[PDB]
Amino acid sequence: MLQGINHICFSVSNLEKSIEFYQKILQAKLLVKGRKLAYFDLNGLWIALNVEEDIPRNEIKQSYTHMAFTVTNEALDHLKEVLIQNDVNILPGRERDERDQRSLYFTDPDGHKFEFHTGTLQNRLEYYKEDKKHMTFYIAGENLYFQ
Amino acid sequence: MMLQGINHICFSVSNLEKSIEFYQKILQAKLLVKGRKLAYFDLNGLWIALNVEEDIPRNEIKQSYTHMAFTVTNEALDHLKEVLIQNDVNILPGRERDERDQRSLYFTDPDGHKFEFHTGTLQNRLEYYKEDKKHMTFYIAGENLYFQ
Ligand SMILES: C[C@@H]1O[C@@H]1P(=O)(O)O
Ligand SMILES: C[C@@H]1O[C@@H]1P(=O)(O)O
Ligand SMILES: [Zn+2]
Ligand SMILES: [Zn+2]
């Protein structure tokens, strides 16, 4: 089996500009930088940036593939401000239901999509659990009267 | 304000049936829920989601080194290489490794997301890189030198 997440690595075109984004925006802690790499600690997670300077980065804009980090509601508000102050590319979200809970989607300088999300997986499940529930009328097992 | 850690990762996939089977059999993620265009998993406590996007272009991704790595033991790495080959997993040859890198296997899901099974830690790596800086260091300000 697998023992858990080891690291996540991002291919970047401009190591110094990306180091500043990962520090400023994702609040990652720098550990070591080289000529073509950077390692950071993000709340226990090992994040690596590796340079690929002349590669195409325009189809990445089409895919919803993304990574989300946990934030509170006030934190989301303060981070939207931060992403505005720092000229980050902020994506318009998909439509959301209230029970979806709040998110902010944005990308790094090379198009990797990130999200700040205020909920949990179980919230997302209780949400779907509740709507299954809303579509159930005979609780098999229940006792019916007048029979 | 603050971040608290990885909430989830979402992979855009083209074929939901084929992808769920990949994440189940290769990554060993536990499917928790399934729909027309989504599927949610739990893998060792990580929320993994697939969201279908049938008709986007998925060429350039193969040219990018961004990837996600999971920790495994060395025997597990051997086991997993056979699992991948048997299930016809696109295995990549990987970069050149110092033995000090620790062993790895790189490969892709069917839509080109790169993954890695790794047998080292950030600790191992930083210590490897530091043990290199030590090797190129010859004097210690501090010690009792012998003739000044
Ligand atoms: C650890 C940084 O991701 C790179 P590697 O997998 O090439 O070592
Ligand atoms: C949870 C799966 O990532 C998708 P969402 O960010 O659109 O909810
Ligand atoms: Zn998401
Ligand atoms: Zn790696």
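Throughout, a chain's letter reflects where its sequence line sits, starting with A, and its residues are numbered from 1. In listed order, ligands and their atoms are each counted from 1. Quick note: numbers below take in every heavy atom, side chains included, and nothing from hydrogens, waters or symmetry partners.
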Q: Tell me the drug found at ligand 1.
A: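 It's fosfomycin.
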Q: Which macromolecule does fosfomycin (ligand 1) make the most contacts with, named the way UniProt names it?
A: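 Most heavy-atom pairs belong to Metallothiol transferase FosB 2.
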Q: So, with a 4.0 Å heavy-atom cut-off, what else is touching fosfomycin (ligand 1)? Just the chain letters, please.
A: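 Chains with a heavy atom that near fosfomycin (ligand 1): A, B.
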Q: Give the residue list for fosfomycin (ligand 1), heavy-atom cut-off 4.0 Å.
A: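 By heavy-atom distance, those residues are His7(A), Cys9(A), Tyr39(A), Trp46(A), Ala48(A), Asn50(A), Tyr65(B), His67(B), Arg95(B), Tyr106(B), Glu116(B), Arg125(B).
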Q: Show me which atoms of fosfomycin (ligand 1) lie under 4.0 Å from any heavy atom of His67(B).
A: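 So the answer, numbered in order with elements, is 3 (O), 6 (O).
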Q: Would you mind pulling out the UniProt Mg(2+)-binding residues of chain B that have any heavy atom less than 4.0 Å from fosfomycin (ligand 1)?
A: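 A heavy atom under 4.0 Å occurs in these UniProt residues: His67(B), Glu116(B).
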Q: Under 3.5 Å between some N or O of fosfomycin (ligand 1) and some N or O of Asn50(A)?
A: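 Looking only at distances, the answer is no, because the N/O contact criterion of under 3.5 Å is not met.
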Q: Using a 3.5 Å cut-off on N or O atoms only, is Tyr39(A) in polar contact with fosfomycin (ligand 1)?
A: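 Between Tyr39(A) and fosfomycin (ligand 1), no N or O pair is found under 3.5 Å apart.
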Q: What is the nearest protein non-hydrogen atom to atom 2 (C) of fosfomycin (ligand 1), stated with its residue, atom name and distance?
A: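 Here the closest protein heavy atom is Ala48(A) CB, 3.5 Å.
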Q: Below 4.0 angstrom from a heavy atom of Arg95(B), which fosfomycin (ligand 1) atoms are there? Numbered from 1 as shown, please.
A: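 Numbered from 1, fosfomycin (ligand 1) contributes 5 (P), 7 (O), 8 (O).
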Q: Considering non-hydrogen atoms of the protein only, which is the closest contact for atom 8 (O) of fosfomycin (ligand 1), and what is the distance?
A: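 For this ligand atom, the closest protein heavy atom is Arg125(B) NH1, 2.7 Å.
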Q: Kindly confirm or rule out an N or O of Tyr65(B) lying under 3.5 angstrom from an N or O of fosfomycin (ligand 1).
A: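 Yes, there is a polar N/O contact under 3.5 Å.
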Q: Show me which atoms of fosfomycin (ligand 1) lie under 4.0 Å from any heavy atom of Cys9(A).
A: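 Those qualifying, in numeric order: 3 (O).
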Q: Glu116(B) heavy atoms, cut-off 4.0 Å: which fosfomycin (ligand 1) atoms fall inside?
A: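 Counting atoms of fosfomycin (ligand 1) from 1, those under 4.0 Å from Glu116(B) are 6 (O).
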Q: Are any of the N/O atoms on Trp46(A), whether in the backbone or the side chain, positioned under 3.5 angstrom from an N/O atom of fosfomycin (ligand 1)?
A: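 No, no N or O pair falls under 3.5 Å.
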Q: Of all the non-hydrogen atoms in the protein, which one sits nearest to atom 6 (O) of fosfomycin (ligand 1), and at what distance?
A: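 The closest one turns out to be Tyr106(B) OH, 2.9 Å.
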Q: Quick one: most residues of chain B near fosfomycin (ligand 1) sit in which UniProt domain?
A: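 According to UniProt, it is VOC.
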Q: Which UniProt active-site residue of chain B has the minimal heavy-atom contact distance to fosfomycin (ligand 1), and what is that distance to one Å?
A: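 The UniProt active-site residue nearest fosfomycin (ligand 1) by heavy atoms is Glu116(B), 3 Å.
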